[PDB]
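Note that the numbering runs from 1 along the sequence shown for the chain. Counting starts at 1 for both ligands and their atoms, in listed order. Technique stated in the header: X-ray crystallography, 2.1 Å.
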Amino acid sequence: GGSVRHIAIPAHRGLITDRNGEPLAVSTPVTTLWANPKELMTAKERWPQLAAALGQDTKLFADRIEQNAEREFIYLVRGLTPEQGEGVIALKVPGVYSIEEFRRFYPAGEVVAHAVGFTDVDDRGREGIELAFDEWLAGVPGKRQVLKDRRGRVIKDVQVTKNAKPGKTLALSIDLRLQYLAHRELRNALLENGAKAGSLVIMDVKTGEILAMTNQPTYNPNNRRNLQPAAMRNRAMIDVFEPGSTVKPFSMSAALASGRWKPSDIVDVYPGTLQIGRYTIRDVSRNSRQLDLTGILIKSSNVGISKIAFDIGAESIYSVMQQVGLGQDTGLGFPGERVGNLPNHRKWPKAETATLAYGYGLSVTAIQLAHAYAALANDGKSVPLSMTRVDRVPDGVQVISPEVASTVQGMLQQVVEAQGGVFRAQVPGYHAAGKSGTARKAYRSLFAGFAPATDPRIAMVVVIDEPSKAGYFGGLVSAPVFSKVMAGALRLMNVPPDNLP
Ligand SMILES: *C(=O)[C@@H]([C@@H]1NC(C(=O)O)=C(S[C@@H]2CN[C@H](C(=O)N(C)C)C2)[C@@H]1C)[C@@H](C)O
């Protein structure tokens, strides 16, 4: 008949929305039932009714109460709806009490599971945005005092010590409309190509906002029963790979800025191979002799870009790749985030100079590759990444000069539109620019690009992990995904068509 115990006042966790206010993580009022076993010991004849209302075995529930007969607090069931909780409270079983707290609900479910993340049973962020912005969303729990007897029965409220401070609303950079589009089209591409995993990243090249980030396979954060680590893998930020041919536009940017190269220059790639010591550079397509700079990207001649790299030096190429964020920390503060590796040399040997130029030796993520193409599309200005809505666009860094960036934009537009190019990446009504490639671990189908080519707004990267249907080539598997998703992204954002007659 006299013992004051402190009780936590759970705080209302902050709402998570997309960039337009569409709900993504909502704190839902729930009812948690707990029991005082000392009072349950006085009403044993009520146990089978209480056990059935809780969905528990009659004898197993009796064992649990008997084993905790000296305790004053045990959980019965957490996170019931207010209807279910009041149904058990209506039994008037001595020693059964209720707690009003909150539990997260995710309206979009698996569509944005990896980005939003999830909380645990204690309403604590444990993955994705929920963890990365946990202190912002969690608030501060309150403190209250309650009087319990020496047999554990609640008597009265003493006083409230500290009031609970609710969490703060957080608006993400994701556009839920684009997220739905990217989710389904990436899912359709895996089925059509017989692929098991993949990622797709959409970025606003002016603001650095991540407009969409989907990974396959995915999971429903509202369930998470029998969940495999394969589905919980945020591949766009975690899976590192050699970007290969997709970084040749950045080797070309260093060449165009050195003063020694122009798009009309010719490189002899015959016979499709090149001997560097014991190492032998080899192109996939070996049916070319002379190619201009655009033809080097269209044919993806590793020999052609290696000879250019030897002429300008690997340092100029490393500098461009470093400043656009390849192999660098993103600063997003996401859990499990992997940085990759951009190797550096005091004296770049001839072998490492070539492999750097056509994308071997270094490892990046799909987020880093999208960020790098965002800077190229943004007239050479790199804007830091953001998973939250950007109202005030930060002052970027001019990595590539606007003239050179504009020249590479046109070259990548020809990669998509010229004869023998990646025509499955064309967006109807628009001019699209990009570059296909393949990453190795068995392949990874890559396509990175942006649109409109003449005035870029949206950068996109499509990763398809091991197509089993036919052809692991990026121009065949990933480019059709780019076309469909970019078309919907341009329309939803009211980007005016630049390729109409
Ligand atoms: C770069 O990642 C590799 C090259 N990427 C490109 C590419 O995917 O377009 C070539 S593929 C080669 C050139 N074009 C042919 C094609 O696309 N079809 C016949 C459909 C095949 C290489 C794979 C580079 C590192 O080898």
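Lab note: most contacts to ligand 1 come from the chain UniProt lists as Peptidoglycan D,D-transpeptidase FtsI.
Present at ligand 1 is the drug meropenem (bound form). Closest heavy-atom approach to atom 23 (C) of meropenem (bound form, ligand 1) among the candidates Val284, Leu446, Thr246: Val284. Here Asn302 has side-chain heavy atoms under 4.0 Å from meropenem (bound form, ligand 1), and that is the only part of it that gets that close. According to the entry, the covalent attachment of meropenem (bound form, ligand 1) involves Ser245 OG.
In chain A, the UniProt-annotated active-site residue lying closest to meropenem (bound form, ligand 1), with its least heavy-atom distance, is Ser245, 1 Å. Of all protein heavy atoms, the one closest to atom 6 (C) of meropenem (bound form, ligand 1) is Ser300 OG, 3.3 Å. The 4.0 Å heavy-atom shell around meropenem (bound form, ligand 1) contains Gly244, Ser245, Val284, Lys299, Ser300, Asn302, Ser436, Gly437, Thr438, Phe473, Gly474, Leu476.
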